[PDB]
Engineer: 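Starting off with a structure, shown below.
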Amino acid sequence: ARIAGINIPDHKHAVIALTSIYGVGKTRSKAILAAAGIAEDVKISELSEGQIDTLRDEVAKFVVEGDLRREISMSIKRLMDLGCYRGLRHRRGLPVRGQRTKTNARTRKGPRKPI
Amino acid sequence: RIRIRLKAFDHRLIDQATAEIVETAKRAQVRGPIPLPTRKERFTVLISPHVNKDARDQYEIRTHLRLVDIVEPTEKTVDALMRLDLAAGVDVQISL
Amino acid sequence: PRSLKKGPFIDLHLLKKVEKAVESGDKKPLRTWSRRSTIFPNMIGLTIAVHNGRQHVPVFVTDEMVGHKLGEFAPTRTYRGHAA
Amino acid sequence: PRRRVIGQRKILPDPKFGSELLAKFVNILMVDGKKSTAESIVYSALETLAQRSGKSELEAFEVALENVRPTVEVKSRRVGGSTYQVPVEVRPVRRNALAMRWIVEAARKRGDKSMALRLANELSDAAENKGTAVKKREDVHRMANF
Amino acid sequence: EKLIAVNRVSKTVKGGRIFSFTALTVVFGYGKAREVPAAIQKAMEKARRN
Amino acid sequence: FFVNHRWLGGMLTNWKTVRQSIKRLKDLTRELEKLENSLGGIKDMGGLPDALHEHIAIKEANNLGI
Amino acid sequence: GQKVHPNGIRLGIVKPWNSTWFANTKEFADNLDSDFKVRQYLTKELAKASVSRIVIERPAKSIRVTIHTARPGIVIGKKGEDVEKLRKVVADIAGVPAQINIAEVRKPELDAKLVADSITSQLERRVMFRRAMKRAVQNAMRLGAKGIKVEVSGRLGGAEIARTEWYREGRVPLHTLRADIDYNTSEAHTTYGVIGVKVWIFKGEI
Amino acid sequence: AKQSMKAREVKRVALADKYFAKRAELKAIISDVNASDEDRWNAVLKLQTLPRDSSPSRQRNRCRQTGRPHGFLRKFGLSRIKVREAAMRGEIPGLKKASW
Amino acid sequence: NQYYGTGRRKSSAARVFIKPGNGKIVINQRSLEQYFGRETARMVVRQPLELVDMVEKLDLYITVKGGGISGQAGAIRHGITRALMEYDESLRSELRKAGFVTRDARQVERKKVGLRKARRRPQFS
RNA sequence: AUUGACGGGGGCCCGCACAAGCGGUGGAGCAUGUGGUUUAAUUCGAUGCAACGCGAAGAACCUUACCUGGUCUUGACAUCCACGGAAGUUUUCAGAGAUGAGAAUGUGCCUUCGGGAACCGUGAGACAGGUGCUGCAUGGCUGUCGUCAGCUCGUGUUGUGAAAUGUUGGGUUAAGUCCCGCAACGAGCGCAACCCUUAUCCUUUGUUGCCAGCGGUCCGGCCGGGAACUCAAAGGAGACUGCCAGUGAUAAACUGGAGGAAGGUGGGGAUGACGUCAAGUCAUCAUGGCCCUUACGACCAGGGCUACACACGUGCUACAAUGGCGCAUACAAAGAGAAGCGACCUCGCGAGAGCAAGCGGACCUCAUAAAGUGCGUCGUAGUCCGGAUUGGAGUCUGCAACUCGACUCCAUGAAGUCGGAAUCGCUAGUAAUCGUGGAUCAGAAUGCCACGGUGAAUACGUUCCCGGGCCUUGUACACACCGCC
Ligand SMILES: CN(C)[C@@H]1C(O)=C(C(N)=O)C(=O)[C@@]2(O)C(O)=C3C(=O)c4c(O)cccc4[C@@](C)(O)[C@H]3C[C@@H]12
Ligand SMILES: [K+]
Ligand SMILES: [K+]
Ligand SMILES: [K+]
Ligand SMILES: [K+]
Ligand SMILES: [K+]
Ligand SMILES: [K+]
Ligand SMILES: [K+]
Ligand SMILES: [K+]
Ligand SMILES: [K+]
Ligand SMILES: [K+]
Ligand SMILES: [K+]
Ligand SMILES: [K+]
Ligand SMILES: [Mg+2]
Ligand SMILES: [Mg+2]
Ligand SMILES: [Mg+2]
Ligand SMILES: [Mg+2]
Ligand SMILES: [Mg+2]
Ligand SMILES: [Mg+2]
Ligand SMILES: [Mg+2]
Ligand SMILES: [Mg+2]
Ligand SMILES: [Mg+2]
Ligand SMILES: [Mg+2]
Ligand SMILES: [Mg+2]
Ligand SMILES: [Mg+2]
Ligand SMILES: [Mg+2]
Ligand SMILES: [Mg+2]
Ligand SMILES: [Mg+2]
Ligand SMILES: [Mg+2]
Ligand SMILES: [Mg+2]
Ligand SMILES: [Mg+2]
Ligand SMILES: [Mg+2]
Ligand SMILES: [Mg+2]
Ligand SMILES: [Mg+2]
Ligand SMILES: [Mg+2]
Ligand SMILES: [Mg+2]
Ligand SMILES: [Mg+2]
Ligand SMILES: [Mg+2]
Ligand SMILES: [Mg+2]
Ligand SMILES: [Mg+2]
Ligand SMILES: [Mg+2]
Ligand SMILES: [Mg+2]
Ligand SMILES: [Mg+2]
Ligand SMILES: [Mg+2]
């Protein structure tokens, strides 16, 4: 129910419910449940309080939630402080991985800004 | 046992070439000629020097292919088949 | 990025300049066109003036720059906004 | 067309029941050449329309079509510049065609979870004069004014 | 034989203008052709009979 | 010699061309009947003949003096 | 509109190839380039000898070149003097033992390349374009062409505005694939620039 | 293409042939699983010092008649334009207009 | 004996051997139900025997290669129809009337230059 | 008055032109081209239809034409002349490299021991060089109206003549297609046919392809065999409105029927008349003229062609349940391969790696077809939909992936809930949807070219919109209604 300081959904299958945690996708979710010894298709509601304890211990093996957000923030801050090309792309709010900016780039630029 | 593979760009040419071989060798029982699959190699080119991307020519080279197998071959056969002279534009390939 | 099995790439001309600069003592900027060279630990504390197509940009090398290419610190395009 | 020499293509009867009417219906439901998918929807829908009627699957299909089939519709004609909306009689093939199209279009924008259920519910509603398909027939009749 | 004048005449077509030549010859003959040489020949031919 | 169906405009004033249809009939079933119902009575005439609704035929005859 | 090349469209129907050798991809490009250099050399050397066509064959590790010529005597030369020079250069270009054979073009007035070359030679000597064209047509029809078309394009008579002129006599049915259409081209390099000549000669069906 | 551009290609083909065995030798060491890290590193630094034009990837296929750097076909060694010209004159054996 | 027929449809070709029996059908060493999942495919295969009323009077040994599920079903139908006509030539008129004797010659139309498909043109602005 | 063109003049026709339909574009994210702006440079060209995933069938370096800086001057690429050197090859230093300077080793081949040339300098100066300009000086090649049914000529005849007739007319056709009439009679270029491919059959040959009946089995065409069948590919046969009925002018032809695998051009392709737009291309090439020549030529490194307030075009992927995910399991075609395709096995979560067969191929390899079907699960949520973006870690190609590669793994999980006015494609194995291959290519496709699988809806009609054909009529139009005034 409460894992990694967030409320996981009780109605969903365990494999899907754990992906509510920031830093846990499908692969890690399946690995957590393999390690904890819990079947993927069991609802969180159906698990015992001992089984939720085992999941907390398995989730504690990964950097998730606030620790992970801190790591990602610091990695971008490092680049922006380095003054490397990627750093400058982060500062300007443009694509960082070589994409065209003549068109598109709307995910990074946001909505069009009328001239 | 002598496998003779013939290739040519012209089917009239290759059929003549195989007919020369089988005649020479049937004077040895041969097998064939076996008409193996023709390779059609195709090319599409733009025909304008500039632009006009939808203006193209499509060209083909057909490689015709025959196989003849010579069995219980004699000293005369290996000789008669080499004092033989096939037309140019027919590629010949022996395997023993 | 370059396969780990092949190691990091550095141009030999730059490697030899850096080695001589390090052993000589604290230098004037090392002028280079080798934007593609990896920054190694022995470059820390050197200024490397890296070509950007038209001028050699001074890059004072720090520990955080190690593993990056020199060209990352010398932008090649000039942009200051449209409608200025 | 201008030369107007258009004959019709041999529709195979549907495999289960042996109706060309129902084969046409499967074709109208079908998307992207996926006939096998469309057939399973139609037969699933018909099975439900049987157990909620107490009749043959095709009898209940007929009842639904009866209430959706238009008899008259409008056709635009350019006379004087201002284009009139002119009622004409619908011939019996087009009556079946429009009815099936309307039932499928009605069922596609229904809110039930599967298409088979959406379609069964549309045919049930059609067979007692309720849903959007019969409203389309009624709307067409209202327009059908020359 | 006596050619008198050569006129260039024109008819308009979809494409543009088809220019052609007329030749007046007594020996009378009035020739028409695409070329001057052909027109004069046709004229001279007609001037014999006429 | 006789022309007993349609007189072809130019039979004798354009004799040189109608002669080529004479040669054509002579060499050679429908192209036959179309020529034997027309040029079948001038096939051995060989040239401008001696003497002959038919305003056309009379007009051609006057041009040549036939 | 643009028209298909009359020779190209009839290859294998009623027209033979000018190169008849087999090669796999390995040697194909190299053989085309050697053939190109052989034809380039022979066209240069035998410009005065009325060469219509150069057929190349490659039997085994060898080249056999047939030169179709209206003036065979001077190609061959003086008990085979000039032909022996050519062979040695052809063997050098090709890099294999060469054999030069000589085929006589009888009726050069019915050979599209020689007619086109004849016209372009006259245009370079400042002969009036219409007279060259008409003579070509008349000559071909005299010696029994079932038809001929000649086209000349460029700054005709040194005119500032370039134009195309053409003459035809007889039949030239270009859409008929079994029609024996001999087609070829030539360029006259004049003092006012290039004049292109095209000649089509029809010699009957099949 | 300009005469200089055709000359650049001749130089590239020549250098590639000259250094082919040496380049393969150095790249074999750099690719060797079981080579010394000294040996690989030396080989990496050595491969750099050879002329850049000794790398085969520097060669651009050009039409053998015109030098055109686009529209090349490897079968013929010619650009699309010169392929067509030769094809229609019957100079490319076997090649004809295709329909199916 | 065996009575034989070749059937073809799209890129499928079927070899069909028929003998007096009682309704065995084998296609590529598998039962009709195993080989074809779809009812339309199974219907298509059985159509000729249902028409002539010999569903449980004949054993069919079939092989088929090329094309897809519908191609192959159609190829088999054509093959069975031909084998039946070799068995009993009086059946032609009935099989002809049903439309089974015709080799359906509809094939995939080639892609063409300047088109996305055989007929689909690029969008015009 | 004549020939055109044009008319919101008339008559008759045609084409996915409209209508009837089915799926799109226009909204979103991304790919890609263009404009614009920016820049040292963002190289040049393509511009309504007929430019804008176009030249480019593939810009990291190279390519490359552009920019910055470093350099060369008979020269990177030729010939001629003279002199001195065999050429090569190993290597060191300086330099970003171009290049400069050294070391070291070769000394042949032809050779009337007269020699010369294979190849290197270096020094002249005739020249070389130019992707410099003019596509409105050109050739060649191409687009376009349009695969539309037209466009013409000879001779005759008519008219003072420009011109007309033929070519119009009555029918009929996909068609100036054919018949009939007719001052025309004929002919040419177009139409059609001849060519390729696809649908049926026969003959021949039978491996590397085939397995019906045998015999045998390791149950695998696996083996002996067989030559039947599939198939391969050479040669034939077959469709002609030929047969029958009705209609029609005793015509052409049309409507329907038989037989037939196929029926009325069976389906698809190739094939583009005279001409039009001074249409496109001097940057494929060639070429008149002009222009530059210690530079507008040539070599090098690095940068740029990938920029980004923005606008437009073409695409891809979606928005889900006719679906997503998991497991299981069917059925293709076409093609490529030696500086190549690369199995098996082992290692790696994976991209891949190591080892290493086979195959210049009906044999080997690429090589899993996917949609489908069965079973299970999700339960209408911005979700178990979507997969943008970004962090971290890798792989491979390649001297080298910073600018600027593709791919993999973990994590992230945006917009988007079917798109306003408007607008596009398609008439059947089509559309729609699903995979597969190839060229270019070291590497780099959502593009292009090609291949099969599944497989629709609808067409009453020709009033309307767009393009076009034929006849006729008015015109003050001829730069031809985008006209004249
Ligand atoms: C820009 N645009 C595409 C123009 C156009 O629409 C044309 C057309 N026929 O439609 C051209 O002829 C047009 O494309 C074109 O080609 C033009 C020209 O050729 C020239 C030349 O060569 C020299 C001087 C003037 C012209 C010009 C004014 O006529 C050019 C106009 C061009
Ligand atoms: K998560
Ligand atoms: K970019
Ligand atoms: K031009
Ligand atoms: K006339
Ligand atoms: K020029
Ligand atoms: K795209
Ligand atoms: K779009
Ligand atoms: K999701
Ligand atoms: K890169
Ligand atoms: K849309
Ligand atoms: K590649
Ligand atoms: K009019
Ligand atoms: Mg990119
Ligand atoms: Mg990375
Ligand atoms: Mg040049
Ligand atoms: Mg390359
Ligand atoms: Mg398809
Ligand atoms: Mg396109
Ligand atoms: Mg519509
Ligand atoms: Mg959009
Ligand atoms: Mg230019
Ligand atoms: Mg541009
Ligand atoms: Mg231009
Ligand atoms: Mg314009
Ligand atoms: Mg570059
Ligand atoms: Mg150095
Ligand atoms: Mg022009
Ligand atoms: Mg006309
Ligand atoms: Mg005609
Ligand atoms: Mg008439
Ligand atoms: Mg019939
Ligand atoms: Mg035709
Ligand atoms: Mg212009
Ligand atoms: Mg460079
Ligand atoms: Mg670009
Ligand atoms: Mg998902
Ligand atoms: Mg490939
Ligand atoms: Mg192959
Ligand atoms: Mg993931
Ligand atoms: Mg939202
Ligand atoms: Mg159509
Ligand atoms: Mg696809
Ligand atoms: Mg007409």
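Just so it is clear: chains get the letters A, B, ... in the order the sequence lines come, proteins before strands, and each one is counted from 1. Start at 1 and go down the list; that is how both ligands and their atoms are numbered. Structure determined by electron microscopy, 1.8 Å. Atoms considered below: every heavy atom in the structure, side chains included; atoms not considered: hydrogens, waters and symmetry mates.
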Engineer: Quick one: what's the drug at ligand 1 called?
Structural biologist: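 That's tetracycline.
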Engineer: Which macromolecule here is the main partner of tetracycline by heavy-atom contacts, as listed in the PDB entry?
Structural biologist: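 Largest number of contacts: 16S rRNA.
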Engineer: I'm curious which other chains sit close to tetracycline, say any heavy atom under 4.0 Å. Can you tell me?
Structural biologist: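 Based on heavy atoms, that gives J.
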Engineer: Identify every other ligand or ion with an atom closer than 4.0 Å to tetracycline.
Structural biologist: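 I find these: ligand 25 (magnesium ion), ligand 34 (magnesium ion).
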Engineer: Name every other-chain residue that has a non-hydrogen atom under 4.0 Å from tetracycline.
Structural biologist: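 The heavy-atom site around tetracycline is J/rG135, J/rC136, J/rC277, J/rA278, J/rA279, J/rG280.
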